[PDB]
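All remarks here apply to the structure that follows.
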Amino acid sequence: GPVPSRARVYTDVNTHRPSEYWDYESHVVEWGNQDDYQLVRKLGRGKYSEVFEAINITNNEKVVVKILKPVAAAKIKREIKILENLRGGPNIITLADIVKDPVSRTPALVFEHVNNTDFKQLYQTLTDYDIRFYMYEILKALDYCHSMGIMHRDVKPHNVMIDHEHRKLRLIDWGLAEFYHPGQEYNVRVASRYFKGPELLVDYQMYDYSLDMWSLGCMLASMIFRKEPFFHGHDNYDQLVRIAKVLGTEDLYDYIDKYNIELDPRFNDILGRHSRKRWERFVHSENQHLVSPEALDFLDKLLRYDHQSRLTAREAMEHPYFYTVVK
Ligand SMILES: CC(C)NC(=O)COc1cccc(-c2nc(Nc3ccc4[nH]ncc4c3)c3ccccc3n2)c1
């Protein structure tokens, strides 16, 4: 059977906290006043929630209200507990309140408002300096949540709200986030197809915080190479083939051999045999201004098949790529 795996960092944070911290099923919700909040306009819908621009009539401040569909299946408590654990962490969306929605009869999460500018207008229009700056701000969020025993599991441009005017970033949508417990097997049906780590795609369940660092590498590659998305799978199988056409099949086989993973036999007809490509093959006249030796070295150390070999968020923040960012 598969060889087990453990994170190389923050392995035992949860084992040493009182059950109060990670036992989200035991958590009792403190309800605020639903009458404090007036919905202004629908902003978005996902498969698990509807999001609204709202006003807090007690202070006239803009808020965002996320009304959970009942389909959450009660995992509302994990999201609430994670949001409360992380509250006030650097670049973590701030949960202001939890009220009972009178219509849905489900919890409505009240968040601070970020005046977001659209990613499809932003992340493919930023400067070299701004890519470095915002990546550093995302790393602060990821090292904070990892240090607090939490993996986000849905890092992608849509879950990063940026107020480009105030140089303000928040990591949002913690509805897939989970507490890391060493030796625990997790559901591989997390993250969005283009950001899914190889561990998910080969059905390796004993994964950890390092899944977020793969997702972040997918975001960086799309930004520096101006290619959305970078790994453009037609489905979850083709997603691994797209990765293997860049990183090569020999390192893929070494990875699944290390963890004693058997590839789905569906791959025998579609994977082929691929060399690792040099990152310079993706450089062209339209994206060269965003590419440096430091950018490629950093990307190279995120986009590794072996989840244990990837930079941690804290190691990533030490990388030369960020030396130019004002701290
Ligand atoms: C034409 C528009 C542009 N196209 C859309 O149809 C969606 O647009 C938006 C715009 C802004 C935010 C969101 C949004 N936010 C979400 N949480 C959220 C939470 C706290 C927040 N503080 N400030 C912003 C914000 C957003 C969200 C969560 C789950 C599912 C979907 C979500 N969606 C969507």
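The PDB entry numbering applies to chain A: residues 3-329, in that order. Recorded method is X-ray crystallography, 1.6 Å. The analysis underlying the following values was restricted to heavy atoms, covering all of them including side chains, and did not include hydrogens, waters or symmetry mates. In listed order, ligands and their atoms are each counted from 1.
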Hey, which drug is sitting at ligand 1? belumosudil
Name in UniProt of the chain with the most heavy-atom contacts to belumosudil? Casein kinase II subunit alpha
Among the UniProt domains of chain A, which one holds most residues within contact distance of belumosudil? Protein kinase
Atom 32 (C) of belumosudil: nearest protein contact (heavy atom, Å): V53 CG2, 3.7 Å
Top protein contact for atom 25 (C) of belumosudil, by heavy-atom distance: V66 CG2, 3.7 Å
Using a 4.0 Å cutoff against the non-hydrogen atoms of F113, which atoms of belumosudil qualify? 19 (C), 20 (C)
Does an N or O from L45, backbone or side chain, lie closer than 3.5 Å to an N or O of belumosudil? yes
Belumosudil versus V116, non-hydrogen atoms closer than 4.0 Å: side chain, backbone, both, neither? both
Protein contact of atom 17 (N) of belumosudil - nearest heavy atom, named by residue and atom, plus distance: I174 CD1, 3.6 Å
Looking only at protein heavy atoms, identify the closest one to atom 3 (C) of belumosudil and say how far it is in Å. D120 OD1, 4.0 Å
Which residue and atom hold a covalent bond to belumosudil, if the model includes one? none
Heavy-atom distance from atom 5 (C) of belumosudil to the protein below 4.0 Å? yes
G177, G48, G46, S51: member with heavy atom nearest to atom 29 (C) of belumosudil: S51
What part of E114 sits under 4.0 Å from belumosudil if we count only heavy atoms: the side chain, the backbone, both or neither? backbone
Check belumosudil against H115 and write out every atom of the ligand that is under 4.0 Å from a heavy-atom position of the residue. 22 (N), 23 (N)
Look up atom 13 (C) of belumosudil and tell me if a protein heavy atom lies less than 4.0 Å from it? no
Which active-site residue (UniProt) of chain A lies closest to belumosudil, and what is the heavy-atom gap in whole Å? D156, 8 Å
Just heavy atoms, cut-off under 4.0 Å: does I95 contact belumosudil by side chain, backbone, both, or neither? side chain
For chain A, which UniProt ATP-binding residues keep a heavy atom less than 4.0 Å from belumosudil? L45, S51, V53
Which residues lie closer than 4.0 Å to belumosudil by heavy-atom distance? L45, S51, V53, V66, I95, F113, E114, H115, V116, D120, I174, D175
Which atom pairs, nitrogen or oxygen on both sides, join belumosudil and the protein at under 3.5 angstrom?
residue     : atom   : partner : partner atom : Å
belumosudil : 8 (O)  : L45     : O            : 3.0
belumosudil : 22 (N) : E114    : O            : 2.8
belumosudil : 23 (N) : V116    : N            : 2.8

